[PDB]
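Okay, structure first, notes after.
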Protein chains: 2
Amino acid sequence: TXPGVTXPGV
Amino acid sequence: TXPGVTXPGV
DNA sequence: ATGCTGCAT
DNA sequence: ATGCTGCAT
């Protein structure tokens, strides 16, 4: 995710 | 992937 | 160290 | 049934 907690996605 | 064999990703 | 996701062939 | 992506905090 994010980053943090990529995207989603990428 | 693709689809097929989405993306990656999505 | 954590933390989601999407279908054509 | 079978493919895989990506970093700030």
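Throughout, protein chains are lettered first and strands after them, A, B, ... in sequence-line order, and every chain is numbered starting at 1. Looking at the header, which is where the method is noted, we find X-ray crystallography, 2.6 Å. In what follows, a modified residue is given as the parent amino acid, or as X, and its added atoms are left uncounted in contacts.
- Of the drugs dactinomycin, retatrutide, ziconotide, cagrilintide, the one that appears at chain A is dactinomycin.
- Chain B - PDB entry name: actinomycin D.
- Lab note - chain A listed in the entry as actinomycin D.
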